[PDB]
Amino acid sequence: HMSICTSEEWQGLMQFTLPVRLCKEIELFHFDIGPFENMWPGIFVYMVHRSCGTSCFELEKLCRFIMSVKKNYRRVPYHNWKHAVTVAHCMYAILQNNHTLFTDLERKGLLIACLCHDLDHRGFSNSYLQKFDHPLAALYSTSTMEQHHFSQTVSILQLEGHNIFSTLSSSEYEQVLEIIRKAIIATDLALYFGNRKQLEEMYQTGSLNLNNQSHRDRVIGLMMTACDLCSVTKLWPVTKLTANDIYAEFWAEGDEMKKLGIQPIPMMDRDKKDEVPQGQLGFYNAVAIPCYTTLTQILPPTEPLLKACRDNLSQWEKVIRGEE
Ligand SMILES: COc1ccc(Cc2nccc3cc(OC)c(OC)cc23)cc1OC
Ligand SMILES: [Mg+2]
Ligand SMILES: [Zn+2]
């Protein structure tokens, strides 16, 4: 049920060279990948090499992998190939400022996790797939979509010549799939609120410890929520532009709920755009700020993310007060 990349596609990626100007700019949090669509695959490859070594993965294997990842993301408004790389770069940005705090294995897994975390999404939320009993909801009772993503990841590794993790030892191999699974599942916002509430308490009482595997999985968890939202952390014209993509998707869903005679939440109701600036402020306050605030206290060199998020809150507040 997968899509293998054509034999010409992955060959071009190996021939790729990143322009010097980008290399320095990538390192920044607020960096936006948007202007460089055809350069995206080579941008990931570059982030890997710089974080794991130019010889960590067989290069021929990474290229079949990456291009098979792109070819297995759907053409939906938001949960698409662009989201993959965007979310992967915020990871690489958090990693670079926190390099030693994570192991060679973790870092390998976290970058593959991000790129894959959203694999083959259909622009339909869990709410929908459970609520109206889709197959995927029956197979995966909770975190329905997340678990399909992880499975799709593994399906791609199983493809002939795609398994970039071959050279890893069987102990490490299974270890990295558990890092990846946990990470992909962590992106379910359902799980987010438990996570942030816990990590906050573990910090305030000084009881956090990075060598405590339980704690470890949760910090990784929050990094996953930070990377996943990170369009809330770019310059406002980019942020707003992505918001259009987000709602494009919600509204396509609400239309289906309407069709089956169920009033979709204001948020997915296209005939309710006036309430949007409200919802965003609600979401920034409830989710984003807390998310980045904790992740800062835990990882101080990520604070630029929390600053950008506040800037984007002022803008939304400004929209509400009729200044746009
Ligand atoms: C269920 O699907 C999503 C989950 C999370 C997001 C991330 C996101 N980014 C910016 C603003 C957001 C604002 C939200 O509430 C209004 C929200 O709902 C959970 C998610 C938001 C987008 C999504 O769009 C498809
Ligand atoms: Mg997701
Ligand atoms: Zn995502």
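In order, the residues displayed for chain A correspond to 447-770 in the PDB entry numbering, which applies throughout. First listed ligand is number 1; within each ligand, the first listed atom is number 1.
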| Of the candidates mitiglinide, perindoprilat, papaverine, Targretin, molidustat, which is the one found at ligand 1? | papaverine
| Per UniProt, what macromolecule holds papaverine (ligand 1) with the most contacts in this model? | cAMP and cAMP-inhibited cGMP 3',5'-cyclic phosphodiesterase 10A
| Which UniProt-listed 3',5'-cyclic GMP-binding residues of chain A does papaverine (ligand 1) come within less than 4.0 Å of, going by heavy atoms? | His525, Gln726
| query | If you look at the UniProt active-site residues of chain A, which one is closest to papaverine (ligand 1), and how far apart are the nearest heavy atoms, to 1 Å? | reply | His525, 3 Å
| query | For papaverine (ligand 1), what is the UniProt domain of chain A harbouring most contacting residues? | reply | PDEase
| query | What residues contact papaverine (ligand 1) if the heavy-atom distance limit is 4.0 Å? | reply | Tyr524, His525, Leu635, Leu675, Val678, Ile692, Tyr693, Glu695, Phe696, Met713, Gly725, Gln726, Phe729
